[PDB]
There are 4 protein chains.
Amino acid sequence: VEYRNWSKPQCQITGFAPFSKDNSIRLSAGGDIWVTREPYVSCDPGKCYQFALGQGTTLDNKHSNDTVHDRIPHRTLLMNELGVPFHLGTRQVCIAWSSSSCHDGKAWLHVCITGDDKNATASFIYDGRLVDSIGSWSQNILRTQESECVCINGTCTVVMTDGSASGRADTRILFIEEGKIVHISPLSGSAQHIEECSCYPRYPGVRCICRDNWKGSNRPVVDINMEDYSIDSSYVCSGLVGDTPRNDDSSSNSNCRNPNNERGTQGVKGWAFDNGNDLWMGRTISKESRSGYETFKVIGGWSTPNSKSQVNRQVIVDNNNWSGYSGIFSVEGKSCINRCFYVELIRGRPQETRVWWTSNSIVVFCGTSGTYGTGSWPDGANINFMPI
Amino acid sequence: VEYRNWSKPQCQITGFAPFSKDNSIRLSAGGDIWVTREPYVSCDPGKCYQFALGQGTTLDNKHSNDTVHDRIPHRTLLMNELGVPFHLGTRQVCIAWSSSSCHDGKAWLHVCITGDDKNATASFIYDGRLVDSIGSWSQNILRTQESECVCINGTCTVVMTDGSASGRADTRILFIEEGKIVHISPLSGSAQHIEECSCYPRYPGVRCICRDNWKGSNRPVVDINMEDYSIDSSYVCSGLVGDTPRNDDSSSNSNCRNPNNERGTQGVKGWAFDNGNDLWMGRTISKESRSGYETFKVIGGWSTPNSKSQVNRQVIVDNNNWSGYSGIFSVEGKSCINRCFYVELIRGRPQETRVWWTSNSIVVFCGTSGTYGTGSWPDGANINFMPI
Amino acid sequence: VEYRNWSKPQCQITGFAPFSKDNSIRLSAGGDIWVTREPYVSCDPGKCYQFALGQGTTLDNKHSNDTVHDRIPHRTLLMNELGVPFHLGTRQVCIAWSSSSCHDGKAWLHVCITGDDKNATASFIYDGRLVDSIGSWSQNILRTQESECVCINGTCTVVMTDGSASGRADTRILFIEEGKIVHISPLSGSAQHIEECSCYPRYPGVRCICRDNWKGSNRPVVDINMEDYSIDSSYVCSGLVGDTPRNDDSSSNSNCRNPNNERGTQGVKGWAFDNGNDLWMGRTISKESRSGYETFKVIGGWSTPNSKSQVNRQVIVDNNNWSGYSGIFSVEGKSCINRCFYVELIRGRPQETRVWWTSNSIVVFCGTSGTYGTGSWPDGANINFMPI
Amino acid sequence: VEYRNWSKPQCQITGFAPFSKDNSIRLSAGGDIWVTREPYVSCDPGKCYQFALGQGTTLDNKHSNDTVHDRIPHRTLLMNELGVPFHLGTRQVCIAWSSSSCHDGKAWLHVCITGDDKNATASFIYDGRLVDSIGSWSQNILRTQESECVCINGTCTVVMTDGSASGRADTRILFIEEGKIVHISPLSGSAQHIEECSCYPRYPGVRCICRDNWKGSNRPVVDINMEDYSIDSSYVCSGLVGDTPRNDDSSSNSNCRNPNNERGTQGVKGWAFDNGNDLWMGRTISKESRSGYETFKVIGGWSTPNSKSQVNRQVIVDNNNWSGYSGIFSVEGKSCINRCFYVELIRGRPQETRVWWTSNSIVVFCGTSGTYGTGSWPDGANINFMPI
Ligand SMILES: *[C@@H]1O[C@H](CO)[C@@H](O[C@@H]2O[C@H](CO)[C@@H](O[C@@H]3O[C@H](CO)[C@@H](O)[C@H](O[C@H]4O[C@H](CO)[C@@H](O)[C@H](O)[C@@H]4O[C@H]4O[C@H](CO)[C@@H](O)[C@H](O)[C@@H]4O[C@H]4O[C@H](CO)[C@@H](O)[C@H](O)[C@@H]4O)[C@@H]3O)[C@H](O)[C@H]2NC(C)=O)[C@H](O)[C@H]1NC(C)=O
Ligand SMILES: *[C@@H]1O[C@H](CO)[C@@H](O[C@@H]2O[C@H](CO)[C@@H](O[C@@H]3O[C@H](CO)[C@@H](O)[C@H](O[C@H]4O[C@H](CO)[C@@H](O)[C@H](O)[C@@H]4O[C@H]4O[C@H](CO)[C@@H](O)[C@H](O)[C@@H]4O[C@H]4O[C@H](CO)[C@@H](O)[C@H](O)[C@@H]4O)[C@@H]3O)[C@H](O)[C@H]2NC(C)=O)[C@H](O)[C@H]1NC(C)=O
Ligand SMILES: *[C@@H]1O[C@H](CO)[C@@H](O[C@@H]2O[C@H](CO)[C@@H](O[C@@H]3O[C@H](CO)[C@@H](O)[C@H](O[C@H]4O[C@H](CO)[C@@H](O)[C@H](O)[C@@H]4O[C@H]4O[C@H](CO)[C@@H](O)[C@H](O)[C@@H]4O)[C@@H]3O)[C@H](O)[C@H]2NC(C)=O)[C@H](O)[C@H]1NC(C)=O
Ligand SMILES: *[C@@H]1O[C@H](CO)[C@@H](O[C@@H]2O[C@H](CO)[C@@H](O[C@@H]3O[C@H](CO)[C@@H](O)[C@H](O[C@H]4O[C@H](CO)[C@@H](O)[C@H](O)[C@@H]4O[C@H]4O[C@H](CO)[C@@H](O)[C@H](O)[C@@H]4O)[C@@H]3O)[C@H](O)[C@H]2NC(C)=O)[C@H](O)[C@H]1NC(C)=O
Ligand SMILES: *[C@@H]1O[C@H](CO)[C@@H](O[C@@H]2O[C@H](CO)[C@@H](O)[C@H](O)[C@H]2NC(C)=O)[C@H](O)[C@H]1NC(C)=O
Ligand SMILES: *[C@@H]1O[C@H](CO)[C@@H](O[C@@H]2O[C@H](CO)[C@@H](O)[C@H](O)[C@H]2NC(C)=O)[C@H](O)[C@H]1NC(C)=O
Ligand SMILES: *[C@@H]1O[C@H](CO)[C@@H](O[C@@H]2O[C@H](CO)[C@@H](O)[C@H](O)[C@H]2NC(C)=O)[C@H](O)[C@H]1NC(C)=O
Ligand SMILES: *[C@@H]1O[C@H](CO)[C@@H](O[C@@H]2O[C@H](CO)[C@@H](O)[C@H](O)[C@H]2NC(C)=O)[C@H](O)[C@H]1NC(C)=O
Ligand SMILES: CCC(CC)O[C@@H]1C=C(C(=O)O)C[C@H](N)[C@H]1NC(C)=O
Ligand SMILES: CCC(CC)O[C@@H]1C=C(C(=O)O)C[C@H](N)[C@H]1NC(C)=O
Ligand SMILES: CCC(CC)O[C@@H]1C=C(C(=O)O)C[C@H](N)[C@H]1NC(C)=O
Ligand SMILES: CCC(CC)O[C@@H]1C=C(C(=O)O)C[C@H](N)[C@H]1NC(C)=O
Ligand SMILES: [Ca+2]
Ligand SMILES: [Ca+2]
Ligand SMILES: [Ca+2]
Ligand SMILES: [Ca+2]
């Protein structure tokens, strides 16, 4: 087996086609299924896997009310082949209330963070063994991407933050070789707050679109140079911004450089990617709630500040249904690298108070150069049919 | 691994021997089992797999009443080794309310259709990644085989239809190489309505026996030329016709060219294959309902219009028990290509109204050159024991 | 991969050591577990598998009362790694109410019999495909070993019977190459009734110890010549006889040649094997009921008519607990071929009438050249804790 | 595949990082999970496995009250990939109420003890077959490590004891090649009572830290010479002693040679390892009960009698939560051999009498040369939510 280089051009896409759906919550009403949140997808050279952070319990289980507590020690990273729901035979890969995973072409790396809020531990597990660990540097919830990391030529990179979720924090970019941290670079550039980066290979480097939880409803961009470990950062140019909450399209702004200070506090994990001057992106349909999901291309969305001309819109989840986190993953084809994404479909609390638990299912779409129609692929569980 | 060519003669069979049964509905009364319909079987060069369209729920689950709705976004293609029932560890391969799958000798292709009735999307997934997609061309339930596609020398073919289920529609034959659509041929010849083709390799080409849902109780034939992409079509010659509904044996007709206009509207997915001038075929025992299943050879059933002399009858499911869809699959042996078939055994609605759900189990038989006896292998569940 | 020849001497054993137990019935009280009977064990070159005939249902399931009926069409052969209980992810290998399985060094052969009592079908499945089939020759419950078949140099042999279970029947020995029947030899010699043979490789031939259901409580022996397909048969010499029912040890007899006519009618599947003049054998502890299980060596038990000197007795299941069928399997070691056995532990009807079902668990022991102690390894379920 | 030699230096660790947690008891309240105790971890050259002794039942099952009885014949060794909870698809590897397992680089060896207290049998299973067995030598609960054995150059060693648990016993060290016992050495040196050794490779030999159940709260050490089979034994030097019960830190003693006669009777399985003059060790936080778990390095803890200066303490389980057995396992890295440990988290009887059963979950930590924070990772189940 050879290391992945991702040294193929990006696939020229026309939109996205349906790829996978796990129906987790529907199944939870008639079977033993893990309570989860913060899912993601990552593929080895042959096939894709779904990941999520378990809550140390199944849904039809009195322990499912534990989701009211943050970052419990029982949270573990779950890993299954994509489309296999999180049943009781699911492997718990590590202890984690925040994680990132990626395959370097030879083996899996898992970054798993657990322990006390003020003194967390990140474990680095490669090829089935613990290779390294790092402690909290700002004593305030050491945390990572909640989506796939990216490896080029045997060096994997992952973005981590420690510090305030509502003010200046300490973001660092780690470079990892076979599980061993070989370099750490501080965040540099004009991004002022970085959470939950959605990263993708853009040979020879890595590009991340993240969540500003402090002053921006425009999404920050982090650019990682894999040759010399240098970091740059800015904000997505698009005037159609990607965060939730955000302003209406008619009053939203981005200048590519600074947080827009428009309903900037809080946010949701999301993604976008460049194609020349243009931008492909997803976001919730609701401006203030994690409801619905849509994708579109913004003409000049990458290069032109405040660009608002969209095309190729697709509804993924209609606005009568709950969404959640979303993130990118990349899949190597015969001649190009394709971009795909997943959407977390959150059910239960806080939005649905009949039940005491919070959990999710997922839906997954992949880039296509072909054609497609329309639809909506929500979680689909009837809240009234669920164990409370 | 090399591409399949299927370039061996067809096995000379005397009838069929029992191969597999999954007992899905019986198990559903005492375990967590997926609600399904439209099952089929396809084998890689080593082993066979069972497929079905899930309804995003298990049977003992309040969501099982969702089967009243057509083409829900929660339908996914399920895939297990043949004989492994659809338990909660089953992989959902893609999002699909219509599908076809096949292995080209190197990897699996799945064709998965989902989305809105008037604007559906077909996704083409090969070797675990999305390679292509196509949108609806007639804005009226883009749909496909519900059984295995066929690949010769790395080119897979699949039959798709879009348009009316009760009048002239737009049927197209797709040619797919490693998941990429390389050519699309319109239907040609005298078949006037094509649904749910059961296709098989007949080197150097592919032959399909389908369902005419409009004017014929005789089954259409589609012949696919894999060398130049040309298409021909007609009707099975046999005066013993394969569709349900149909006339009784004394008043049924086929002229090999046109739909017979005998109880022609509606139908059921089924299969047949040629052996020289003769025809092996299956059908429901009832002429009006999806009850029972029988196979036999029709002497001159391929070459002689209105041929009605049968031999080698076998009851697969007696007429006191429900059947459903049936389809062909092909299995390469040491020196010949064998033909096998599955029968869908539908339980629940509309025939059994004690329950709200509709689901199925399967029974599977394979061609034999040896000898065999008699029996009946129905679903076997007691409807009174079932969750409603 | 090379064909198995079993061309090593037999291991020189001192008794048997515990190998495996599946706890099926205990687990059935708190989990979804298949209803089974007629289990056996067979190993590929690397590891062992447990097999059993399912009843198309789990135990905690209203369909579990179906065991009152004989040879239902829903019975299927189940196959799992040894020690994996028959959970819902278990593969159903074929449709069977009687079976035999074996690995030839390259691939698995399964012999699966199903269908009508008076007109059954035996299917022969090799390397995951149906290769051959044979119909009933005496129109009276075509049936086979219910334990492993044996292959030498790519030819597998299996013993089958058709006809009366309480009078002269028609026993035949089949020789199978890659799933294809290449020769059938009629039973020859002095054995007068043959059921459920427990066979083992004894290079260059195969030896079987079987069940006489007609006139013998001494067990018949069938010797199979793999070179020229010739058959010989007789009875185990030991005056300590292996069948149940049987006479007390003080009044039991065998002359090595004829059925003893001592409580000869009926029986139970069992095993024995030769080592020079001596015999290793198992049997129920009770003379008239399938209760308890014991093994011992009979000095001169192979060569001396009516020999009754035993040594090296071991209790496997004490006589306060139910047993059932038992059979041999052989395992290739570094320098010798070891003999192992399994015991079926039947729970439920007819002995335990609180419940309506009949099912079993298994315990497995293997030959040892070492030392060992004592114990008892019964099913262990409390009948009062079971679903009825 | 080549034999493991473990001929790399020990990794220089700063403490331990979180590796795995299975949440078994929490899951048992909403799923079918095995009742277990005496768990351990062992890895093949690629990945880690969790083992435990089943009680022949799931937790939500009336048979769960069987844990009141000692050493039932239904106890079997369970084996899953690390992090896969013991669901119903778990393989029971052998019959065992005491066990040890290890991989020699080519295949797994399992040592499985079962049968009567006064006459037990140890079975030795290698590469999926029974190779050897030994009977009880002292007729008083033949028993072994309950953690991984160690193999160097194809010879595996395991420590076994037979005789009194509260007085002088007969401890022997076995040397096993491909499942065959090749040599047995009696215990030699100054250790006066040996139970449940936690052993690790210390090339060219093996070192074990055990449990003195008779006169010592200091842990015995067994040194095994793999070249000439010679045995040495002593006690851990550290004045901070590892057993439970024990004296408080101000009044505990060890002289490296003799049991300390300080609350010496009874004990708990535990571990330690040397690094030069220093000692890494774990123990319960409570001095009297199996509550809490802590690790630390003792300066001069290996070489200096009664050394009590500790550094690098970590809480693994806080003292408000139940612990249990703990043991070491070793994992080969690129250039060093790492040490890891597991902690058994016992729930139910005798400490929690709302339920009748006793079971456990696990938490697992691995040596790190990096940095880390703090936390506590207890079982996490709410005893009031459990089936009784
Ligand atoms: C043990 O197992 C073995 C293996 O399974 C059994 O052997 C098999 O037995 C089968 C039944 O006998 C046999 O198939 C038959 O072959 C004959 C030709 O030899 C064929 O005529 C049979 O088909 C007729 O009968 C079946 C019922 O058995 C009907 O379902 C079918 O529709 C056919 O009936 C029609 O044609 C008859 C003859 O013309 C008419 O008498 C009848 O009324 C009916 O007429 C209607 O349809 C006509 C059009 O076909 C139409 O003109 C007219 O107007 C009416 O509408 C059947 O295929 C297998 O060949 C044989 N297999 C082997 C390998 O030998 C064996 O029996 C079992 N043992 C025991 C003791 O039972
Ligand atoms: C974020 O996480 C990091 C990493 O986990 C934290 O850093 C770690 O912090 C640990 C706690 O400070 C530290 O371990 C300690 O090392 C010191 C030596 O530097 C050692 O003395 C400590 O052991 C004592 O204290 C612990 C409680 O913390 C007790 O459980 C233990 O028994 C020891 O107490 C005994 O000795 C003391 C000193 O002699 C006495 O004062 C005390 O009363 C007690 O005496 C009894 O025992 C004696 C025998 O030992 C006996 O003579 C006497 O009679 C009494 O019976 C502990 O090992 C780690 O080294 C450190 N790790 C690293 C990598 O730096 C960090 O704190 C976290 N951040 C925050 C903000 O909390
Ligand atoms: C069958 O399926 C296909 C494929 O999915 C469908 O074809 C796609 O259709 C969509 C919708 O028309 C189209 O995306 C639009 O492109 C337009 C540019 O040509 C954009 O202007 C438009 O964005 C506006 O409308 C959206 C709602 O549709 C709003 O959500 C969005 O905010 C935009 O609205 C603002 O801007 C407009 C214009 O300035 C203004 O009037 C509004 O007030 C507001 O300020 C979408 O991005 C795709 O391009 C089509 N895809 C392809 C491949 O052709 C097809 O429609 C379906 N068939 C049927 C019958 O429905
Ligand atoms: C610890 O475990 C070991 C290993 O399991 C035990 O050692 C074995 O012990 C058994 C029982 O003694 C022994 O097997 C016997 O060998 C005798 C020959 O030496 C046989 O005579 C004897 O058979 C008779 O007794 C059985 C009951 O034990 C009856 O079931 C059986 O029908 C026989 O009884 C008839 O024959 C006798 C003699 O003619 C007559 O008196 C009776 O009335 C009746 O007609 C067993 O086969 C094994 O050989 C031992 N194995 C080894 C390897 O040594 C050991 O006993 C256990 N320790 C303790 C303390 O119990
Ligand atoms: C699980 O936790 C929830 C709280 O998150 C519990 O609900 C509470 O129950 C108490 C006592 O019954 C009430 O006083 C509170 O008002 C409830 N809180 C909420 C937010 O609803 C629930 O009882 C727990 N489940 C079980 C089985 O005990
Ligand atoms: C599942 O759906 C069916 C309808 O498809 C529900 O059955 C209906 O229930 C209502 C209220 O009880 C009745 O008034 C209707 O007559 C029923 N319809 C039919 C067609 O029978 C059923 O209640 C749903 N299941 C659950 C658990 O709510
Ligand atoms: C399963 O089958 C058994 C029979 O094998 C049923 O038990 C019978 O029940 C009927 C009516 O209740 C009684 O008249 C008979 O006496 C019973 N027979 C025996 C042998 O007990 C049982 O009811 C069936 N199970 C279910 C759920 O219907
Ligand atoms: C499981 O075993 C326990 C005993 O170990 C049973 O508990 C006993 O029940 C009886 C009758 O109800 C009481 O008189 C005893 O006092 C109980 N003993 C203890 C130690 O509590 C229990 O009933 C068994 N479980 C089941 C389902 O029968
Ligand atoms: C601690 C800051 C962080 C991102 C802003 O909060 C996230 C908010 C969440 C959210 O917005 O849904 C849930 C995440 N599980 C949480 N992350 C952690 C590590 O607890
Ligand atoms: C839409 C026409 C088509 C074939 C006639 O209807 C089929 C009828 C069905 C049937 O006759 O059982 C069920 C199939 N699931 C359905 N196919 C789709 C795609 O909905
Ligand atoms: C039909 C004769 C045969 C052996 C004598 O009866 C067996 C008796 C049985 C028994 O003695 O337990 C159960 C077996 N399932 C049955 N075999 C078949 C094929 O039905
Ligand atoms: C028999 C002595 C032995 C070690 C002291 O007792 C152990 C005590 C136990 C304990 O202290 O928790 C439980 C172990 N399962 C048991 N071992 C056996 C084989 O029964
Ligand atoms: Ca924000
Ligand atoms: Ca029709
Ligand atoms: Ca008999
Ligand atoms: Ca002690």
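Lettering follows sequence order; numbering is per chain, from 1. Counting starts at 1 for both ligands and their atoms, in listed order. Keep in mind that the numbers below use all heavy atoms, side chains included, and drop hydrogens, waters and symmetry copies.
- Short version: main partner of ligand 9, named per the PDB entry, is Neuraminidase.
- At ligand 9, of oseltamivir carboxylate, faropenem, alrestatin, tetracaine, methaqualone, the drug present is oseltamivir carboxylate.
- The chains other than those of the drug that have a heavy atom under 4.0 Å from oseltamivir carboxylate (ligand 9) are A.
- Nearest protein neighbour of atom 15 (N) of oseltamivir carboxylate (ligand 9), counting heavy atoms only, is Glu38(A) OE2, 2.8 Å.
- At least one heavy atom of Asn213(A) sits closer than 4.0 Å to an atom of oseltamivir carboxylate (ligand 9).
- Residue contacts with oseltamivir carboxylate (ligand 9) do not include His193(A), since none of its heavy atoms lies under 4.0 Å from the ligand.
- The closest approach between any non-hydrogen atom of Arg211(A) and oseltamivir carboxylate (ligand 9) is below 4.0 Å.
- The protein heavy-atom contact nearest to atom 10 (C) of oseltamivir carboxylate (ligand 9) is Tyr325(A) OH, 3.0 Å.
- The site surrounding oseltamivir carboxylate (ligand 9), defined by heavy atoms under 4.0 Å, contains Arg37(A), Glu38(A), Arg71(A), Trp97(A), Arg143(A), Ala165(A), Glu195(A), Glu196(A), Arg211(A), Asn213(A), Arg290(A), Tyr325(A).
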